[PDB]
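The following structure holds indometacin.
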Amino acid sequence: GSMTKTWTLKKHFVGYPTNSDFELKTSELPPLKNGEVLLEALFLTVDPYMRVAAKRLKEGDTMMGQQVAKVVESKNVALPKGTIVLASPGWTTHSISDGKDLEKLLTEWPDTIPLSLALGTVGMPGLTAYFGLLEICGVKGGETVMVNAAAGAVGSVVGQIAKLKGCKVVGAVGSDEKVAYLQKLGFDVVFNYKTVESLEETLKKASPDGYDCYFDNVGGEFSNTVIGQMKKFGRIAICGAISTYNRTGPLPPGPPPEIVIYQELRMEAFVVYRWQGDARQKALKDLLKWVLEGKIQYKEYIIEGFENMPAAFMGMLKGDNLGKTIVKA
Amino acid sequence: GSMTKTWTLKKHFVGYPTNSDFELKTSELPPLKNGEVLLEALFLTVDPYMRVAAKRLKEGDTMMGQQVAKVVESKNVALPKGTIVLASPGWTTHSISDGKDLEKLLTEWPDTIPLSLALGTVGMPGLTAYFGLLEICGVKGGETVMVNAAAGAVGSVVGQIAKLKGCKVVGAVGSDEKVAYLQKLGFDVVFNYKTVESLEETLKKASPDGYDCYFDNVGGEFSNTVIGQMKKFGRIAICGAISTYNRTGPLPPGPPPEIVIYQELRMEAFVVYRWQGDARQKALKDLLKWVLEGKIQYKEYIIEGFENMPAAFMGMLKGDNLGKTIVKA
Amino acid sequence: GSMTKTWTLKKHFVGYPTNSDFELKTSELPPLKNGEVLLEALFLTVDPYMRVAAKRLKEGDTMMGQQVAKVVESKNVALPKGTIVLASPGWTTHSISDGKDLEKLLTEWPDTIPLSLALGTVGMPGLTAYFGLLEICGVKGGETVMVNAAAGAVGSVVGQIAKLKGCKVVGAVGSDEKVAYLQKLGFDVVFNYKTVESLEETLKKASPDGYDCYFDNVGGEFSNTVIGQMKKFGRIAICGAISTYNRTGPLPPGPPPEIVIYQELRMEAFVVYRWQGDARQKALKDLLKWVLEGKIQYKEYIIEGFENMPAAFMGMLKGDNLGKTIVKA
Amino acid sequence: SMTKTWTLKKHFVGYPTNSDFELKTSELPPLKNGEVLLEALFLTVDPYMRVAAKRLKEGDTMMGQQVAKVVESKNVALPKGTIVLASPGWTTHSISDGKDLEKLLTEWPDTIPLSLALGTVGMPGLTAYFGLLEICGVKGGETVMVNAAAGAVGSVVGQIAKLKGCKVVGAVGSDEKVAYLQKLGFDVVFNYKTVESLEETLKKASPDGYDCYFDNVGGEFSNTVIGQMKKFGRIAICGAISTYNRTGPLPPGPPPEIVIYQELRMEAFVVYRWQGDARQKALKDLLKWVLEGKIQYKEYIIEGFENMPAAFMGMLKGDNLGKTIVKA
Ligand SMILES: NC(=O)c1ccc[n+]([C@@H]2O[C@H](COP(=O)([O-])OP(=O)(O)OC[C@H]3O[C@@H](n4cnc5c(N)ncnc54)[C@H](OP(=O)(O)O)[C@@H]3O)[C@@H](O)[C@H]2O)c1
Ligand SMILES: NC(=O)c1ccc[n+]([C@@H]2O[C@H](COP(=O)([O-])OP(=O)(O)OC[C@H]3O[C@@H](n4cnc5c(N)ncnc54)[C@H](OP(=O)(O)O)[C@@H]3O)[C@@H](O)[C@H]2O)c1
Ligand SMILES: NC(=O)c1ccc[n+]([C@@H]2O[C@H](COP(=O)([O-])OP(=O)(O)OC[C@H]3O[C@@H](n4cnc5c(N)ncnc54)[C@H](OP(=O)(O)O)[C@@H]3O)[C@@H](O)[C@H]2O)c1
Ligand SMILES: NC(=O)c1ccc[n+]([C@@H]2O[C@H](COP(=O)([O-])OP(=O)(O)OC[C@H]3O[C@@H](n4cnc5c(N)ncnc54)[C@H](OP(=O)(O)O)[C@@H]3O)[C@@H](O)[C@H]2O)c1
Ligand SMILES: COc1ccc2c(c1)c(CC(=O)O)c(C)n2C(=O)c1ccc(Cl)cc1
Ligand SMILES: COc1ccc2c(c1)c(CC(=O)O)c(C)n2C(=O)c1ccc(Cl)cc1
Ligand SMILES: COc1ccc2c(c1)c(CC(=O)O)c(C)n2C(=O)c1ccc(Cl)cc1
Ligand SMILES: COc1ccc2c(c1)c(CC(=O)O)c(C)n2C(=O)c1ccc(Cl)cc1
């Protein structure tokens with residue numbers, strides 16, 4: 001009896017996604033069964049991983065993704081109308097759930113921050129920065145950390161956790177606007193990797209001593225240069241490689257194995273969902289407390305309208321976003 | 001006084017080394033001074049690293065390398081005539097030393113094994129396999145381990161230590177004679193990577209479940225294929241990358257970061273000389289005991305004549321060697 | 001005074017252009033000076049060369065390009081109101097010109113054909129096909145000509161001029177619709193290069209004798225295969241290499257010089273603007289006359305709306321266009 | 001009669017190695033009508049053999065040309081003592097029927113070595129002659145880039161360019177070769193192996209660019225040269241020796257943006273395209289220029305048929321200054 005809107009993949013991406021690769025559909029959801037609830041999207045997220053996972057989708061399928069939603073119709077006594085939850089039905093305005101696949105927000109979640117932070121700094125990207133930096137990289141204080149995409153959802157949290165842990169932070173971003181923003185946040189050195197005369201010279205001057213840690217979101221040639229300036233036994237958290245997600249040809253060369261061996265680098269990739277239970281719960285509480293204390297400032301790149309969700313995904317891949325990209329329903 | 005012969009790098013290598021890139025030179029060493037000794041090479045080693053480190057030499061320099069030598073003339077009572085030592089004067093038949101840079105063999109070294117094992121299984125390559133497998137890969141027992149160059153000095157020791165730790169071993173070699181030899185040693189699966197119809201399908205049949213560990217001596221496209229079949233949380237010891245040492249053009253593409261990230265691989269490069277003191281002495285003794293007890297079989301590829309040292313170096317780069325490549329003086 | 005709209009390059013392209021790389025800007029043009037005129041764009045062209053030339057622009061500059069325009073205000077007696085001219089002010093709807101850089105259409109230009117053909121078959125792309133085939137390739141009749149992008153502006157004119165000169169034409173295109181269209185036109189063989197089981201096998205069956213001429217618009221691996229089937233002393237007109245314009249990494253391998261040398265191939269690149277004066281005028285008249293006689297059928301891929309000019313440029317790079325891509329103001 | 005023959009034991013992997021060749025001694029049959037027995041005096045080794053050996057079956061004889069003399073004859077047109085060019089491969093003695101033999105120039109004097117018939121006054125000299133004068137189309141005054149400029153073909157290219165009034169920028173692989181070509185008078189000569197940047201070196205050697213490019217090397221080297229060709233510049237694609245011994249994929253191709261913008265003309269060629277009167281005219285011109293001192297000849301002589309594999313391998317690695325020749 002209820003209607004919904006859903007973004008589906010009409011055509012597989014070639015290079016960057018385009019508007020014609022998506023198709024909006026209006027359908028009628030089935031009636032609720034006993035124990036089910038109807039969820040209305042309040043905020044939806046778009047994330048770089050969707051560019052990679054989309055290739056395993058079939059044409060006509062719904063784009064994957066998480067959202068903050070509220071119950072608008074309930075046949076479940078535990079989930080009354082008004083309940084806020086995180087759910088991953090994909091790019092859709094309304095969806096059916098039985099309760100098992102839903103996640104309530106932290107009990108201490110205050111009204112002083114937008115619910116949309118549950119998809120960002122106090123959500124999956126913030127957890128990625130938390131464990132990638134503190135556990136994979138293992139910063140203990142005083143290290144020099146290189147982080148790229150430093151003005152995005154993950155990188156901005158990485159740099160600010162590093163600063164509050166007593167580290168020096170060198171950040172790479174793709175616009176002068178992002179450089180200014182992170183400078184205001186207090187990052188030690190920030191530069192626009194698109195306009196540097198020499199990426200090697202820039203990284204050398206940013207830290208003549210080398211780099212203890214590298215939180216890598218970009219991959220590709222950029223990371224080959226960073227590897228040449230890691231300290232011996234330096235540590236790389238392989239978080240992402242967004243410079244390759246939209247590639248049409250072969251991957252770029254790897255770093256010269258001469259340098260990798262001499263540098264005896266430890267390089268570990270990770271997926272945020274590895275951490276669950278009490279470890280995950282504790283990381284969310286730390287992130288919430290740091291936001292409320294101002295040690296982590298949040299900024300959101302809000303795109304208004306479900307109909308503009310493809311445009312938000314496409315823009316984020318191209319760096320339009322300063323901070324977590326969010327679609328307000 | 002005494003005469004000597006020395007192999008020098010006449011020209012920097014372009015692709016594989018050739019005879020024209022080396023020049024034998026005969027010089028007269030000065031008489032011995034107080035505290036000096038004259039060393040006569042008994043066995044000299046050639047190793048893949050020399051292909052890469054030679055680029056940092058100047059044309060005319062002596063090729064670098066280690067050797068087992070004996071004192072044949074002494075003005076140093078602490079190093080009497082007949083003393084056996086390890087020394088790294090380069091590709092030379094005779095050399096003068098004062099003692100500081102000389103390393104005696106293990107005191108328990110028996111006459112039942114060749115002195116040349118101090119350059120191989122009970123030497124630098126054996127230590128490389130030892131720490132690369134037990135620490136960097138961190139084998140606990142029961143893992144499925146992929147080792148390439150599995151019939152070489154390091155790789156053959158890797159597979160044999162893995163077998164006595166209870167691991168399944170999948171070895172890749174370059175000739176049918178190497179396939180047969182390692183099968184007789186007991187390696188679970190061994191194949192000739194040069195003649196298999198498809199490296200990917202071969203690795204899948206050798207272990208449909210994937211690979212817990214990857215001892216990587218080869219790098220390049222081969223490692224790209226192995227990475228597509230690593231188990232989640234799989235560990236890679238980046239030991240060498242010999243598939244690139246003789247390249248004329250750019251490095252090959254890197255591994256797909258999509259697989260590296262989702263499988264959350266740990267990948268650490270290492271240099272054998274990192275381990276010193278009691279850990280190194282303890283590893284040498286473990287290797288020596290394993291040899292005498294038959295747990296580690298040794299095979300040497302002996303090339304006779306100092307004048308054939310370039311041919312041994314080139315042949316080993318071409319895969320001629322079954323076991324440690326050694327030049328008998 | 002008069003208002004105008006201008007497409008600017010907001011960001012340098014990384015891979016394929018995206019909407020985020022362009023910015024529409026509204027300006028107020030200054031008053032006309034004596035001898036100047038105000039031009040209103042009727043049709044604008046987008047062309048592959050713009051993907052490569054944009055690299056030399058500064059961010060904020062106007063995208064380069066040609067257009068058919070009409071004088072809407074004149075202080076120039078030679079250019080009264082209503083005059084149609086070709087002009088190259090870039091991607092702009094209104095512009096000021098002093099007349100020197102303007103080109104009137106052929107005096108015999110009839111009302112029976114679209115004005116936009118002055119940007120295509122009876123314009124710059126038609127001149128590229130004309131001189132590239134008749135002069136650089138030097139077809140005299142009876143040759144077998146391989147042309148790729150055979151359904152684009154240049155390639156479609158190449159194949160049709162080749163057919164009317166008595167040549168056999170083998171065309172490569174990127175869709176089955178383009179295969180069907182060119183087969184109907186009378187091209188001897190046409191195939192979809194994206195779906196062939198083996199590019200070499202397809203080209204061998206299309207002409208077991210080889211290829212006398214190769215009009216190359218694509219470059220890359222495709223041309224490596226074509227070179228492997230050129231007749232001895234075959235001629236290649238290097239017109240474009242669009243398969244590399246949107247690359248993120250290094251160029252692909254070159255053709256095997258063993259084949260290029262033994263086949264003694266003649267390869268000459270050219271720019272259409274080399275030909276001027278009477279030679280250029282003669283070609284324009286030939287192209288118009290062939291169009292009016294039906295020997296050259298024209299097709300246009302029309303995108304309506306100046307605001308959709310970036311989308312027409314991007315679509316053409318992705319093969320959306322059958323025939324010359326044109327933006328109707 | 002007995003003979004000695006070098007055969008391809010194993011197909012090459014990278015550069016040829018000593019083990020890839022096998023010397024075989026066989027007994028030739030007696031002569032029939034019109035047949036002669038040839039004794040090799042000089043044999044040539046050439047870069048093309050590295051590539052043509054890929055079409056051989058293992059056990060076959062290595063291909064190649066040689067100067068030979070008739071030591072036994074049943075052909076009146078070819079008496080004992082006659083000098084001829086023959087291509088029986090790497091063999092000390094061979095039987096021929098006369099059809100495939102070529103007499104030397106009739107005016108060939110005793111003042112020059114016979115072995116020049118395999119070099120400056122032979123196939124490599126003809127390659128430089130037609131490659132430069134026809135494919136590059138030198139008329140005089142051009143700035144000419146020639147690599148392998150101290151080899152058989154490249155040294156003749158640079159000297160024909162000098163006598164036509166051209167500026168010559170030559171690339172070689174040793175300081176000895178740099179000194180030899182600087183002494184000959186080449187305008188600019190550099191060791192491409194020791195420059196820190198090939199682009200900088202070519203930029204300063206000719207800030208104006210290059211009118212012509214005689215290409216013996218190919219690969220990355222030629223990608224750099226293409227970025228410095230003047231508009232409408234001409235490239236003679238003679239060889240690509242930097243790729244003959246490759247084990248992996250070819251390097252990237254030249255940047256098409258530059259090739260199109262500069263409207264470059266690039267034509268490959270094989271020396272045997274020219275025959276009859278055009279070939280004869282070139283041979284005469286080359287002999288005249290050698291006798292007049294305009295083309296100096298230098299040979300890299302390796303003595304002994306048994307060292308022919310070593311001469312072929314060394315030439316591929318740049319040991320040779322001038323044409324590599326094996327003295328039987
Ligand atoms: N391992 C995990 O579990 C995990 C979880 C979440 C995210 N990730 C990864 O972390 C990265 C960041 O994700 P996010 O959610 O925070 O997105 P984000 O950084 O907010 O947005 C993507 C950003 O990447 C940059 N970018 C795009 N193309 C680029 C290129 N070619 N070179 C360099 N930078 C480029 C752009 O910023 P500039 O203007 O600075 O270029 C853009 O703003 C992605 O690689 C993603 O896959 C991993
Ligand atoms: N990091 C360290 O401390 C350290 C120390 C010592 C050695 N290493 C490295 O460990 C590796 C083994 O060294 P080693 O002394 O034991 O040499 P080795 O394996 O005894 O000899 C090299 C072997 O590599 C193989 N090979 C050559 N080219 C190859 C290619 N393109 N692809 C695949 N395999 C190829 C050949 O065997 P096939 O018949 O299987 O091709 C050859 O026998 C080298 O990469 C070396 O640099 C590292
Ligand atoms: N030298 C000169 O003076 C001159 C002048 C004008 C144009 N040109 C060149 O000539 C070519 C054609 O230009 P045009 O104006 O006629 O454009 P066009 O062919 O009308 O449009 C470009 C076409 O190229 C094809 N294409 C795109 N990406 C490709 C790829 N990766 N591989 C193969 N084909 C691809 C697409 O058709 P498919 O469906 O077949 O992919 C597309 O329709 C371009 O290379 C251009 O630079 C040269
Ligand atoms: N008809 C034809 O098209 C034709 C006929 C004959 C020869 N050729 C070609 O012309 C070239 C020269 O032949 P040639 O008979 O005169 O031989 P050559 O130049 O006397 O000997 C080959 C020379 O090439 C150089 N070389 C080797 N490897 C190299 C590399 N990787 N990069 C750059 N230079 C390298 C060496 O000199 P450096 O010390 O300067 O490196 C070596 O001396 C070859 O490419 C051959 O195939 C073509
Ligand atoms: C990846 O290319 C190289 C280049 C140089 C290398 C190595 C590898 C390795 C490791 C290997 O791959 O064997 C070593 C050990 N190299 C040395 O220069 C060296 C030699 C002796 C000492 Cl004491 C210290 C360092
Ligand atoms: C670049 O190669 C990939 C491919 C797939 C990936 C990721 C990275 C990452 C990590 C990232 O880069 O954000 C994630 C999370 N991928 C998922 O498929 C996924 C999607 C939804 C869920 Cl619930 C769980 C997993
Ligand atoms: C680089 O790949 C090759 C392959 C074959 C080649 C050549 C080059 C060259 C030129 C060179 O590079 O020297 C020649 C002359 N090839 C011959 O097969 C040949 C032999 C005899 C005659 Cl009559 C005609 C041609
Ligand atoms: C792929 O590398 C390039 C880069 C720039 C190019 C071209 C090709 C071509 C040819 C082509 O289309 O391939 C042209 C014409 N370029 C121009 O910049 C240009 C010059 C003058 C005018 Cl009036 C208009 C455009």
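Order of the sequence lines sets the chain letters (A, B, ...), proteins ahead of strands, with each chain counted from 1. Just so you know, ligand 1 is whichever comes first in the structure, and atom 1 is the first atom listed for that ligand. Heavy-atom basis, side chains included; hydrogens, waters and symmetry copies ignored.
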Q) Where exactly can indometacin be seen in this structure? A) ligands 5, 6, 7 and 8
Q. Which macromolecule here is the main partner of indometacin (ligand 6) by heavy-atom contacts, as listed in the PDB entry?
A. Prostaglandin reductase 1
Q. For indometacin (ligand 6), which other chains have at least one heavy atom closer than 4.0 Å?
A. A, B
**Q.** Which residue and heavy atom of the protein sit nearest atom 19 (C) of indometacin (ligand 6), plus the separation
**A.** A/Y49 CD1, 4.2 Å
Q. Which option, B/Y262, A/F270, A/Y273, owns the non-hydrogen atom nearest atom 22 (C) of indometacin (ligand 6)?
A. A/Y273
**Q.** Heavy-atom nearest neighbour in the protein, as seen from atom 8 (C) of indometacin (ligand 6), with distance rounded to 0.1 Å
**A.** B/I261 CG2, 4.2 Å
**Q.** Top protein contact for atom 2 (O) of indometacin (ligand 6), by heavy-atom distance
**A.** B/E258 CA, 3.2 Å
**Q.** Source species of chain A (PDB)
**A.** Homo sapiens
Q: Return the option from A/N217, A/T128, A/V52, A/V272 holding the heavy atom at the smallest distance from atom 4 (C) of indometacin (ligand 6).
A: A/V52
Q. Nearest protein heavy atom to atom 18 (O) of indometacin (ligand 6), by residue and atom, and its distance?
A. A/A53 CB, 4.0 Å
Q. Which residues of the UniProt NADP(+)-binding set in chain A does indometacin (ligand 6) share, counting a residue if one of its heavy atoms lies under 4.0 Å from it?
A. A/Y245
Q: With heavy atoms of A/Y245 as the reference, note each atom of indometacin (ligand 6) found under 4.0 Å away.
A: 1 (C), 12 (O)
Q | Heavy-atom contacts of indometacin (ligand 6) within 4.0 Å | A | A/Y49, A/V52, A/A53, A/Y245, A/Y273, B/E258
